[PDB]
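Here is the naming used below: chain letters follow the sequence lines, and residue numbers restart at 1 for every chain. Hydrogens, waters and symmetry mates are skipped; everything else that's a heavy atom, side chains included, is used. Counting starts at 1 for both ligands and their atoms, following the listed order.
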There are 2 protein chains.
Amino acid sequence: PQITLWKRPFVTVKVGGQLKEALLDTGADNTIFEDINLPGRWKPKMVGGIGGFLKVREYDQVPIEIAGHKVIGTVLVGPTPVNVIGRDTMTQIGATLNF
Amino acid sequence: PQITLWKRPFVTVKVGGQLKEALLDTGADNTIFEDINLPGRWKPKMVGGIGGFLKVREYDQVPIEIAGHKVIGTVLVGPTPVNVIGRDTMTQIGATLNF
Ligand SMILES: CC(C)CN(C[C@@H](O)[C@H](Cc1ccccc1)NC(=O)O[C@H]1CCOC1)S(=O)(=O)c1ccc(N)cc1
Ligand SMILES: CC(C)CN(C[C@@H](O)[C@H](Cc1ccccc1)NC(=O)O[C@H]1CCOC1)S(=O)(=O)c1ccc(N)cc1
Ligand SMILES: [Cl-]
Ligand SMILES: [Cl-]
């Protein structure tokens, strides 16, 4: 797709085969969801945002699909106010910013 | 330009007569700079993200030079860890995400 930015750029995303929504966020290094339930053990991880630093759960090698693109990546789960697709995943799907 | 996302997408912009670097940020509703002097009146606002909220000054109808274009729009000013160009400004230069 080619999408403009008048509204928040949410996409449908299948993450661990569960159907969710998340914001394509070129300012996010990492991809983070609030309450998807991914199976298994996870690694503690820290992420930083406008307000400070949060402790999140890092789940490795998680399947993610966006726009027909099926990728394997790292997905954080933590108290983010909105689900975000970060640059890690966006480079895997060949996403670019254009103007 | 077509910007890939293997690194953080910084651009140089002019604001308040000064050259500043800012992150092209499709997750940011509005543009925010740290430490700039703008002349008009401002209004106090708050923005939220990862780790909580940030107090900013909202200046309305401010010029920014980004790429080759004069964009007039809202600019927020506050102690953001990184300057960001948000959707409010990117929409005015017809920026799009492509994937
Ligand atoms: C640029 C904003 C962050 C300033 N604001 C918040 C204030 O905490 C602000 C925090 C701050 C100080 C210095 C640099 C950067 C930030 N301290 C402040 O300036 O005092 C200083 C000047 C000398 O002594 C103490 S604000 O404009 O006052 C305000 C208040 C409430 C809301 N909702 C919105 C804005
Ligand atoms: C969380 C999104 C929805 C909103 N933020 C934009 C995001 O791109 C934000 C940009 C940023 C980069 C580095 C340090 C600080 C902030 N990155 C971010 O948090 O990266 C996290 C999530 C995964 O990787 C790490 S914002 O900064 O809170 C924000 C809110 C409102 C306005 N007007 C402008 C900015
Ligand atoms: Cl256990
Ligand atoms: Cl700068």
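- The drug assigned to ligand 2 in the PDB is amprenavir.
- The chief contact partner of amprenavir (ligand 2) in this model is named by the PDB entry as Protease.
- Other chains, heavy atom under 4.0 Å from amprenavir (ligand 2): A, B.
- For amprenavir (ligand 2), the residues with any heavy atom closer than 4.0 Å are A:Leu23, A:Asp25, A:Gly27, A:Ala28, A:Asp29, A:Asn30, A:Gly48, A:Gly49, A:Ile50, A:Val82, B:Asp25, B:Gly27, B:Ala28, B:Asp29, B:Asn30, B:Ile32, B:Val47, B:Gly48, B:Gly49, B:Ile50, B:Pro81, B:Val82, B:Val84.
- For a threshold of 3.5 Å applied to N or O pairs, the pair formed by A:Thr31 and amprenavir (ligand 2) contains no separation below that value.
- Closest to atom 31 (C) of amprenavir (ligand 2), if we only count protein heavy atoms, is B:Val47 CB, 4.0 Å.
- Contact atoms of amprenavir (ligand 2) toward A:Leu23: 3 (C) (distance under 4.0 Å to a heavy atom of the residue).
- For amprenavir (ligand 2), the atoms closer than 4.0 angstrom to any heavy atom of B:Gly27 are 2 (C), 3 (C), 4 (C), 6 (C).
- Scanning out to just under 4.0 Å from amprenavir (ligand 2) turns up no other ligands or ions.
- Residue contact check: A:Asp29 has heavy atoms under 4.0 Å from atoms 24 (O) of amprenavir (ligand 2).
- From the protein, the heavy atom lying nearest to atom 35 (C) of amprenavir (ligand 2) is B:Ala28 CB, 3.6 Å.
- Considering backbone and side-chain N/O atoms, A:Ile32 never comes within less than 3.5 Å of an N/O atom of amprenavir (ligand 2).
- Atom 19 (O) of amprenavir (ligand 2) has B:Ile50 CG1, 3.5 Å as its closest protein atom, hydrogens excluded (heavy atom only).
- For amprenavir (ligand 2), the atoms closer than 4.0 angstrom to any heavy atom of A:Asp25 are 2 (C), 7 (C), 8 (O).
- Source organism (PDB) for chain A: Human immunodeficiency virus 1.
- With ligand atoms numbered from 1 in the order given, amprenavir (ligand 2) contributes 23 (C), 24 (O), 25 (C) to contacts under 4.0 Å with heavy atoms of A:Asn30.
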